[PDB]
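Worksheet for the structure shown next.
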2 protein chains.
Amino acid sequence: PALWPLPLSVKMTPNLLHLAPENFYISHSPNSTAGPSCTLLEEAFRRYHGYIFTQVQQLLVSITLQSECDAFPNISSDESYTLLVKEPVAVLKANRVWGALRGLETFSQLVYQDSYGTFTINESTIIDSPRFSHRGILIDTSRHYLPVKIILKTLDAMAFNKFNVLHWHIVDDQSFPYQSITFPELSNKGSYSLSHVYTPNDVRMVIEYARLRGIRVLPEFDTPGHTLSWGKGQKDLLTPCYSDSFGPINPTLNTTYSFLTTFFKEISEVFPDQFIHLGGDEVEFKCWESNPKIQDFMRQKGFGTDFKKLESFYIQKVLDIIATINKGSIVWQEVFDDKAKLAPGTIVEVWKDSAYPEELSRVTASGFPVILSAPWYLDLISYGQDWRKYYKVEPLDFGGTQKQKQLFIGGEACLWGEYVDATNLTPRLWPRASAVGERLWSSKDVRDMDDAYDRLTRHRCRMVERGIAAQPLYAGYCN
Amino acid sequence: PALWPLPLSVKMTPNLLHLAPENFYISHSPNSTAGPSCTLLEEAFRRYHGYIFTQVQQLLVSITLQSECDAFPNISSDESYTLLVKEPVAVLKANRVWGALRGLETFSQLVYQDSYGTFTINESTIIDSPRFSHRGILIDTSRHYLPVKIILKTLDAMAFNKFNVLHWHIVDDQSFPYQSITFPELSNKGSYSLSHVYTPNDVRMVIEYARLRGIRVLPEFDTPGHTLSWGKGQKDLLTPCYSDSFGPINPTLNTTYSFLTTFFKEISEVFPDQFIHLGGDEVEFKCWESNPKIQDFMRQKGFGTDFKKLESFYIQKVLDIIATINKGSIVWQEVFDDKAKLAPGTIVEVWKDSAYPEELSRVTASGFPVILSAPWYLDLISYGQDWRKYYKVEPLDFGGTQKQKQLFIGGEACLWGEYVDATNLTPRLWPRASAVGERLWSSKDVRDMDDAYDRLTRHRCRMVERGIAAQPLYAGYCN
Ligand SMILES: *[C@@H]1O[C@H](CO)[C@@H](O[C@@H]2O[C@H](CO)[C@@H](O[C@@H]3O[C@H](CO)[C@@H](O)[C@H](O)[C@@H]3O)[C@H](O)[C@H]2NC(C)=O)[C@H](O)[C@H]1NC(C)=O
Ligand SMILES: *[C@@H]1O[C@H](CO)[C@@H](O[C@@H]2O[C@H](CO)[C@@H](O[C@@H]3O[C@H](CO)[C@@H](O)[C@H](O)[C@@H]3O)[C@H](O)[C@H]2NC(C)=O)[C@H](O)[C@H]1NC(C)=O
Ligand SMILES: CCc1nc(N)nc(N)c1-c1ccc(Cl)cc1
Ligand SMILES: CCc1nc(N)nc(N)c1-c1ccc(Cl)cc1
Ligand SMILES: *[C@@H]1O[C@H](CO)[C@@H](O)[C@H](O)[C@H]1NC(C)=O
Ligand SMILES: *[C@@H]1O[C@H](CO)[C@@H](O)[C@H](O)[C@H]1NC(C)=O
C-alpha cells in the first residue's frame, strides 16, 4: 500500500485481512448522522467500491456532527477523520461528510492485491487531517478552451490527491467562454466560437461534480488587465489606445462600474463559494497614459502621473462591489503591493517568484490571510524530475511571528493555458501537482526524498489505473 | 491549405476545383509501372481517400521507373514527385513509389472545405524533393516500454511529416524488451516483465507498417555502455566492478565477441535496413579500471592506462562483425572522437551540444558521412515556443568545403525515454518534431517565422484531426 499524501498518523500491524468484492459493503453506522437519503455519501460509497476492486465484511462510516451533506465546502470545512481497520467491521469516523470523503480515499489506497490476486489490507489505525485548508489547482480555460469532460477528470484526479479548491481562471484576453445571462454578448462575441462556451448548465455541472468530492469552485474574473475579450460584447468598457487598440478596463466611467455591479451580482449567484478572485495582476499603464480622457481624470483626482493610484481607485471600487454582495475577495499581490485599501480577510495570493518569502512577511505583517503559488508554476516545465523541487518547498520559511504564520492559509499549483489544452493538460499536471498536494496536506516534516519517490511512483500508477494519464517520474513500468 | 513541410516549388492559380467524396478516385495511370497488384500503393490510395474526406474526378498516379513496391526504402531512395492539379484529372508523377507516397501527403494537405462544407482545391503545380535523405525520429523503448500501437501512431505522424527513418533505440540499461531467438534469455531475464516484450512478430509488424509509408527502421543495439540489462540473460558478458556491480561489456573475452557475432547475425536478418546503429556513447572507464583481469589485458596490449585505446579495440572488433555481414554501421561521435579506425561510409552521428559545428567539420574533414541530432533533443523540454529554436537551426553553418558539406546526410529529432511513455509521448513529440521535419525537407532558405507559425498551427490541427494528440503552439483553437 502506497499512501499519498501521507496521513498525519499511521499505525499498522502485521495482521492481514482479506476482502471479498461480491461481498463487501460500505455503509452508514447506525449512529451516523448521515443515512441513505444522503447523495454525496451514497455516490462516494459506490465510486470507491469500484476503485477498491481474516475477513473484513464492511466499512462503517460514522458522521459525528451535522453531516453538511447538502452544503458546499468552504474555507474552514472540517476535513479530519479516523480509520480503524479491523475485522470483521472496519470504521471510518469523521465530524463531517468532508472528513469522510478524505478517509474513503485513504482506505482505497490501503486495499491491495498480493501475488495471487487476493485483496488484502493490514490491520491499522489512521488519524488524519490537513496541514492547510486552501489546497488549489488553477486551470486556464481562456488561453485554450477545456471541454467539460476534461474539467471533470481533473476534479477526479484532485480528489485522489486531496486537493479541495478548483481555481477556475475562466476568462482572459484571448477568449470569453463564460456565458453570462445578464450579458449575452460577452460570450457571443468573445468566445472562440459558439461551441467553446460554458453554459449555465456546464457551470452547474462542474460545481456539483466538485462539491460531490469536497471541492470548492473559486471563479476568477480577472480585471482590469487581461480583459481584452470582454470588450467584444461590451461597448465602451475597454480603454482605447492612442498610437494596440485597446487596453485595460476604463476605470473612469460610470457605465463601467454599472456593468461591473450587474455582472458581479450574477457571478455571486452563479458560484456558491464564498470567495471571488478578482485577479488584479499585470496591469499596463502605457495605455491609460496615452489616453486623454484618462489624462483628464488623473488631473481631477490630482493623481499626478502615478497610475498605481488609479489602479487603486478602480480595484477598490470593485472590492466594494464584492463586499456589497457579502462575498470575500481574493487578489493577486499587485493589488496589495500597490497599496489599495483592503477589507479585513481579503486574501492576497503571492505569485511572483522574486523573493516571495519577503512578500509573505509583508502581507502577513499587514494582517491579511495569504495564499502561495509562486514556486508552483506548473506550466513552467523543464527537464527531469522537477517534482522534487516542488515538493521540497517549505511554505512557512519566512520571518514572521506565530500569529503572522497563522495567516498563511495555503497555496495552489498553477497550470496556465498558453501552452496547454486537452491534448497535453493531464500528463503535464500529474503527478507534478501531487508533490504540491502532499506538501500542502501532510506534516511540515514529511520530507524523505527516497520515501516520497517511492510512494509517488506507486501513487502515479494508481492514477493511471484509474484513467488519469499521469506522466512518469523516471524510468520503469507498472503492475 | 496549409503545407508542411513546404514543398520545393509551389505554383497556385486562383481557379478553384471541387471534389465529390462518393465520386473521386485515386488510381494508376495506364502508363504507370505500378498497378493493382501493388499493395503499398493500393493501401495508400485507400488511407488517403479517408484523410482527404470545376470538377476533379480523379487523381492519376504515374510511377515512371521501376516502382520498387516490394522493396524497403534505403538511404538513397528517390523521394521526388510532381503534382499537376487540374480538371478533370489531376496527376501525381514520381520515379518511384517513395515519391508517390510523399506526393499523396502533399495532395491531401491541398484539399479543403470552404465555409459551406464544399471540398475545394486550387489549380496548381507542385515540384518537390527532400533537401536531406536521412530524416529521423529516435524513440527509446527501454527507459519505458512503448506498446506496439503507440509505435504505429508515431509512424503515421512521421508520414504526415515526411520523416523517413525510425531510429529504434530498442534496448538500454533499464530493460531489454527485444525478444531474441538465438538468445531467449536476454529478454526473459532483462525485459521489465513478460508483457513488456517485442516478439519477432511485433518487430515484423513495425517494420512492414513503416515500409508501407516509406519509413526505414534503423535498430540501435547500444554497446558497450548502456548494456546493464544484457547481463541478466548473458553470463559473463558484463565487467564486474570492484568496490556498482557491473559495468560495460567486458571487451577482453572471446566468449564476448562469440556472442556478439551470433547476435548481430540474427539482427542482420531481422532488420531489413542497410545500417545498424552500434551506439558507442558514454562509456565509463571507472569500472574497467577497478578490474584486475582488464588491468592485465591493458598490460598485454601495452595500452597503458588510456582506456580509449580499449574502447577502440572493442568497438573496432564490432565494426568488423558488422562489415562481415555486409551491413553499414552508425556510431555516436564518441567512437570517432576516440579515434577508432572506421570503414569508409560508416556514418557518425553528432549528438553532443558543445560546439557541434566544429564536430561536423572534423568528421566531414575525415571523409565520413555525418548525421546531426545535437540541437534536436526533444526530451529536453522547456517553457514556451521552443519549436522556433529547433526550426531556426541551419545544419550547414559550419566551416567546410563543398565536398565536405555533401557528406552531411541529415539528422534526427530525439525523444529519449527517461521521462516518456504512452501517457506523454505524443504531445511531447508533436508538433515540436514538425519544426525539425520541415528544416530537414524544405529549402535552406525557407525561414519566415510568421509563415512557419501560420502553417504550423494549421498543420497541427490537421494532425489532431487525424488522431495524433499533438500539443498546442500557443493560445487559440481548432475549426
Ligand atoms: C502489513 O502486513 C504485512 C504482512 O504481515 C507485513 O509484511 C511482513 O513483514 C515481516 C517483517 O515484519 C517480514 O518478515 C521478515 O522475514 C525475513 C526472513 O525471511 C527477514 O528479512 C525479516 O527480519 C522479517 O522477520 C514478512 O516477510 C513481511 N511480508 C509479508 C508479505 O508477509 C507488513 O510489514 C505490514 N506492513 C506494515 C507497514 O506494517
Ligand atoms: C486559391 O484560390 C482562391 C480562390 O480564388 C484564392 O483566393 C482569392 O484571392 C483574391 C486575390 O487574388 C481575392 O480577391 C481580393 O478582393 C478584395 C476586394 O474585395 C481585395 O482585398 C484584393 O485586392 C483582391 O482582389 C479573393 O477574395 C480570394 N478569396 C476567395 C475565397 O475567393 C487564393 O488566393 C488561391 N490561393 C493561392 C495560394 O493562389
Ligand atoms: C498572475 C500572473 C499571470 N496572470 C495571467 N492572467 N496569465 C498568466 N499567464 C500569468 C502568468 C505569470 C507568470 C507565468 Cl511564468 C505564467 C503565467
Ligand atoms: C547519446 C546520448 C544518450 N545515450 C543514451 N543511451 N541515453 C541517453 N539518455 C542519452 C542522452 C544524452 C543527452 C541527453 Cl540531454 C539526453 C539523453
Ligand atoms: C458619474 O458619477 C457620478 C457620481 O459617482 C454620478 O452620480 C453621475 O451622474 C455620473 N455622470 C455621468 C456624466 O454619467
Ligand atoms: C581467445 O582468443 C584467441 C585468438 O583471438 C583464440 O583463438 C583462443 O583460443 C581464445 N582463448 C581462450 C582461453 O578462450
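One letter per chain, A onward, in the order of the sequence lines. Here chain A follows the PDB entry, giving residues 54-106, 122-311, 317-552 in order. Note that chain B is numbered according to the PDB entry, with residues 54-106, 122-311, 317-552 shown in order. Start at 1 and go down the list; that is how both ligands and their atoms are numbered. We use all heavy atoms of the structure for the numbers below, so side chains are in, but hydrogens, waters and symmetry mates are not.
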| request: Give the name, as used in the PDB entry, of the chain with the most heavy-atom contacts to ligand 4. | output: Beta-hexosaminidase subunit beta
| request: Give the PDB name of the drug at ligand 4. | output: pyrimethamine
| said: Help me out: which other chains have any heavy atom nearer than 4.0 Å to pyrimethamine (ligand 4)? | reply: B
| Which residues of other chains have a non-hydrogen atom closer than 4.0 Å to pyrimethamine (ligand 4)? | B:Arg211, B:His237, B:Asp240, B:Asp290, B:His294, B:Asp354, B:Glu355, B:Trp424, B:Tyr450, B:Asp452, B:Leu453, B:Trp489, B:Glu491
| query | Which one of the active-site residues that UniProt assigns to chain B is nearest pyrimethamine (ligand 4), with the shortest heavy-atom distance given to 1 Å? | reply | B:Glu355, 4 Å
